[PDB]
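Bound state: Genome polyprotein + asunaprevir.
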Amino acid sequence: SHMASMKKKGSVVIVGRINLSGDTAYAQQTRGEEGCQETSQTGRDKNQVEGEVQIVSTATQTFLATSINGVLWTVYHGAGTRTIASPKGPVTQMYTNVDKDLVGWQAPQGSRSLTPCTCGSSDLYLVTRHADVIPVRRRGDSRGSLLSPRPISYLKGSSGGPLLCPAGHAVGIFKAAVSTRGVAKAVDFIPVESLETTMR
Ligand SMILES: C=C[C@@H]1C[C@]1(NC(=O)[C@@H]1C[C@@H](Oc2ncc(OC)c3ccc(Cl)cc23)CN1C(=O)[C@@H](NC(=O)OC(C)(C)C)C(C)(C)C)C(=O)NS(=O)(=O)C1CC1
Ligand SMILES: [Zn+2]
C-alpha cells in the first residue's frame, strides 16, 4: 500500500465528566462535537479537567474513564492503543492490557483520583455515563449483580466507569454487561487489585 496517504487514528478526548462532588450526581459536557473532532486530530486539549470520572470520546465511540491512583483508566475495547489529548499534545498510554480489557494514561492535571478500596465490602455502586448510581452486590472477584436489572441500553457507554464501595473508594472499572434477552442482570468489572498488579 501507499504509506504517504495512510491516516492516523485520533486521540481519545475528554468531552465532559460525571460530577460527584456534591449532594447530587450529574453529567456535565465540557466539549461539543466540533471541538472534540478537532482536538482528537491535533491531540491538543487545553480544557480544564476536574473530578474523578471523565466522559471520553473517539470519532466513533463514547464511554467513561476513571482516575485511580493518579492514572486515568478505561477499557481497551473503547480506547484501543490510542493516545489521549492533553494541553501539550497527545499522551501515550502508560498501561495497555488487551487480556484485561484495560488501558491507562497518566491522570490529567486538574483531575482527582479515587482511592483503591481496602474495605473488603461487597455492597457496591456503579456510576453510569448518565450519572445514575446503581446498587450492585459483589458476587465474585470480577462480577456483581444489579439490585434492579436494567436493559443493556441503560448501561451502554458506561464502560470505564467506576464501581465504588459505601465509603467512595474505587472497587473496579466497568467492563461488560451480563445480559439475558437484552436485560443486564449483572456486570463484569476489572477489580482494583488487578489495576494495582498492572501498576507493578
Ligand atoms: C452495555 C454496557 C456494557 C459495559 C459495556 N461493555 C461492552 O459492551 C462490552 C465489549 C465487549 O466485550 C469485551 N470486549 C473486549 C474485551 O477485551 C478486549 C473484553 C474482555 C473481557 C470481557 Cl468480559 C469483555 C470484553 C462486549 N461487551 C458487553 O458488555 C457484552 N456482554 C458480554 O460480552 O458479556 C459476557 C462477557 C458475560 C459474555 C454485551 C454488549 C453483549 C452486553 C459498554 O458500555 N461499552 S461501550 O459502549 O461503552 C464501548 C466502549 C464504547
Ligand atoms: Zn472501600
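Heads up, chain A uses the PDB entry numbers, so what you see runs 981-1180. All ligand and atom numbering here is 1-based and tracks the order in the structure.
In this structure, every copy of asunaprevir sits at ligand 1. Binding site of asunaprevir (ligand 1) at 4.0 Å (heavy atoms): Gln1041, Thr1042, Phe1043, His1057, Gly1058, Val1078, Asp1081, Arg1123, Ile1132, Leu1135, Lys1136, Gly1137, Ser1138, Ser1139, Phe1154, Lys1155, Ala1156, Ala1157, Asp1168. Contact annotation for atom 42 (C) of asunaprevir (ligand 1): protein present (non-hydrogen atoms, distance under 4.0 Å). Protein heavy atoms come within 4.0 Å of atom 37 (C) of asunaprevir (ligand 1). Ranking protein heavy atoms by distance to atom 13 (C) of asunaprevir (ligand 1), first place goes to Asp1081 OD2, 4.2 Å. The protein heavy-atom contact nearest to atom 31 (N) of asunaprevir (ligand 1) is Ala1157 O, 2.9 Å. Using a 4.0 Å cut-off to heavy atoms of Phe1154, the atoms of asunaprevir (ligand 1) that qualify are 3 (C), 4 (C). Protein heavy atoms are absent from the 4.0 Å sphere centred on atom 26 (C) of asunaprevir (ligand 1).
Contact atoms of asunaprevir (ligand 1) toward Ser1138: 44 (O), 48 (O) (distance under 4.0 Å to a heavy atom of the residue). Residue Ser1139 places at least one N or O, backbone or side chain, under 3.5 Å from an N or O of asunaprevir (ligand 1). Atom numbering of asunaprevir (ligand 1) starts at 1 in the shown order; those under 4.0 Å from a heavy atom of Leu1135 are 1 (C), 2 (C), 44 (O). In this structure, atom 33 (O) of asunaprevir (ligand 1) has its sub-4.0 angstrom surroundings free of protein heavy atoms. Considering only non-hydrogen protein atoms, atom 28 (C) of asunaprevir (ligand 1) sits nearest to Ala1156 CB, 3.8 Å. Shortest contact from atom 51 (C) of asunaprevir (ligand 1) to any protein heavy atom: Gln1041 OE1, 3.6 Å.
Atoms of asunaprevir (ligand 1) lying under 4.0 Å from any heavy atom of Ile1132, numbered from 1 in the order shown and given with element: 1 (C). Below 3.5 Å of separation, one finds no N or O of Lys1136 facing any N or O of asunaprevir (ligand 1). Within asunaprevir (ligand 1), the atoms closer than 4.0 Å to a non-hydrogen atom of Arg1123 are 37 (C), numbered from 1 in the order shown. Near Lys1155, meaning under 4.0 Å from any of its heavy atoms, are these atoms of asunaprevir (ligand 1): 4 (C), 5 (C), 6 (N), 7 (C), 9 (C), 21 (C), 23 (Cl).
Protein heavy atom in closest approach to atom 44 (O) of asunaprevir (ligand 1): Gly1137 N, 2.9 Å.
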